[PDB]
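Structure (with BI 2536).
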Amino acid sequence: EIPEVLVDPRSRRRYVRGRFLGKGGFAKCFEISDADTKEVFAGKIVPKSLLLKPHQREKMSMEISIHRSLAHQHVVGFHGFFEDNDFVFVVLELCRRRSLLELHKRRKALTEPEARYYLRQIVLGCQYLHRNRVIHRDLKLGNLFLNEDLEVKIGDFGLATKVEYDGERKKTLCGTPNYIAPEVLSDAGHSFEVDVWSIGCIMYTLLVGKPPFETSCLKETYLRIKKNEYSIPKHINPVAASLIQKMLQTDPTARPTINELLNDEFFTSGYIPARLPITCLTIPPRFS
Amino acid sequence: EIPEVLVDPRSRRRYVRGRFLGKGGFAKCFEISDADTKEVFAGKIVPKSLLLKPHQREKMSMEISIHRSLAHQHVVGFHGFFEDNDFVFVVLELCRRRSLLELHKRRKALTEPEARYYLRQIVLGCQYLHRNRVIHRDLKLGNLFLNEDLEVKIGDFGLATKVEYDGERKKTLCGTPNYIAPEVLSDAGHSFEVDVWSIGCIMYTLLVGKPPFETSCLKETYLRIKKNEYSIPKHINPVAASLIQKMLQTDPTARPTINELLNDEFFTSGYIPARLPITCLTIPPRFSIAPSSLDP
Ligand SMILES: CC[C@@H]1C(=O)N(C)c2cnc(Nc3ccc(C(=O)NC4CCN(C)CC4)cc3OC)nc2N1C1CCCC1
Ligand SMILES: CC[C@@H]1C(=O)N(C)c2cnc(Nc3ccc(C(=O)NC4CCN(C)CC4)cc3OC)nc2N1C1CCCC1
């Protein structure tokens, strides 16, 4: 059973469980508000019984360690964590318009300026992480959250890692990323370049309204990733289709860096809206 | 010197040596493909000079005799054997994802459903053997092979024996099993129950990411087996830990039969994936704690 009111022995601050938001994988997530301040946050409550298997205790510890060290306006605000004997409580920024998964599911393909709007904010968030020697390793629609004003906030640092030294490549992952990069598939070792691959996969989905490689069965899906088999519809704009091709390459070193990515003709020469209307979640907007 | 093309005087069928797979104990193993069919197999090429010591000639002959009599979808396909003056050539099913040893070495401990996934297939393979009065006597990660689709195929029948009548107990082994059962250690005589012991040792390793009894030196390892000294981490699920305790008992008669084993709450009440993704060989997959079969 989960307590109605969540108490923090450390800072003597206490919260009240609100509406059920859903299961964040291994977690049970609710709206919460501080007893005194009345400020609303997104609680992430993990059974400590599931954090008994060390392999899972490791993941949880690293997630909080990387996320609590990060403050950027396109990264989910980490507002603290604490635990009792039964649960671990993680207090995060509440993003009132959920994630790009919900948008994608409602809207399918977006307009090119909408695609561009969200993608710049994602790249900006990701450029901050990379600069702070952090690889997310699991960027997907589901963990790219939208605040009230449809500002993109990168969250879910479950599979994220910290690069210790210049040149480091990683092998081991405490979980299976949504978008498997070729160098993760082949277990070749990987670095920052995995994040560019997923942004390429994310860019494709936003413009095409379907994932690039995903098929009925996983065996064909992974074979397509291995041989770099995908088709960009003839209806996609050249410049954008070019930037997708640049990102979705078998060779990690061949892909743009997050810094080069942001300076693509797609971003520099294309129209970026300053603000999107809230109708964009359900109906395609007019720009012209 | 090993011939580039392997010729069979009997059936006039001929093969071409492919990539080197590795040394299968006493053997030298390669990919091979038939000249006409172009079908790819796993060759096992034994120097006949090593099959000169009778004790070794006996093993080899019995291995081929037991294995060539067996056909099951969780047993390595035996596709024939032949010899020249220098070598004995054994043609087996090619399992393109090697063995559980490679998985274990990469992944260490697996998720409980992964453990369950492989274990059901192992028990099924072993239930077929037992039904055909065959004790494997050397089940280990290294000889539990994985085909393209991650189906488990039991191979390596080097220490395997044929039970002549029901109730018969055996003593002599022309080799040392990876997982020594207590009744083999004490030379008390043994039967089908040894195979359950190794599955218990295999189950433990898959869930814990380390062997139950193995230590630095062998003297302590064998003393632990003799006294039944092992510890199940507090993090293992009760039902699974219970089934391990049932299998890893000093008394062979106390252990489940391969038929009772398959019907354990671990298997019947636990979630079994129908298929694993190929990423499972390198990265742990995520499973819902509520995995119902009433949604996509
Ligand atoms: C805390 C975990 C994770 C995260 O990390 N952050 C940062 C987050 C920030 N903000 C939200 N916000 C909302 C999330 C879901 C909903 C929503 O509409 N929930 C309905 C509940 C009833 N159900 C039948 C249908 C869905 C509303 C949200 O804003 C109020 N969710 C977040 N999640 C998600 C929490 C559920 C999965 C993951
Ligand atoms: C025939 C002996 C025995 C057996 O009985 N069967 C049935 C078997 C079926 N299939 C395989 N398949 C493969 C085994 C290894 C590899 C592999 O990746 N080998 C690498 C070669 C390069 N080297 C630097 C590192 C090792 C690939 C395989 O499939 C393509 N091996 C089998 N073995 C094993 C063969 C040596 C140990 C035992």
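Lettering follows sequence order; numbering is per chain, from 1. All heavy atoms count here, side chains included; hydrogens, waters and symmetry mates do not. As the structure lists them, so they are numbered: ligands from 1, and atoms in each ligand from 1.
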Practice task
Name the macromolecule with the most heavy-atom contacts to BI 2536 (ligand 1) in this structure, as the PDB entry names it.
Solution key: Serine/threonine-protein kinase PLK1
Practice task
Give the letters of all other chains that come under 4.0 Å from BI 2536 (ligand 1) at a heavy atom.
Solution key: A
Practice task
Provide the nearest UniProt active-site residue in chain A relative to BI 2536 (ligand 1) and the minimal non-hydrogen distance to 1 Å.
Solution key: A/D138, 11 Å
Exercise for the section: Identify which residues UniProt lists as binding ATP in chain A have a non-hydrogen atom closer than 4.0 Å to BI 2536 (ligand 1). Expected result: A/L21, A/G22, A/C29, A/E93
Problem - UniProt domain count leader: chain A with BI 2536 (ligand 1) - result: Protein kinase
Exercise for the section: Around BI 2536 (ligand 1), list the other ligands or ions under 4.0 Å away. Expected result: none
Handout entry: BI 2536 (ligand 1) binding site, heavy-atom cut-off 4.0 Å
Key = A/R19, A/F20, A/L21, A/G22, A/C29, A/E31, A/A42, A/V76, A/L92, A/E93, A/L94, A/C95, A/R96, A/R98, A/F145
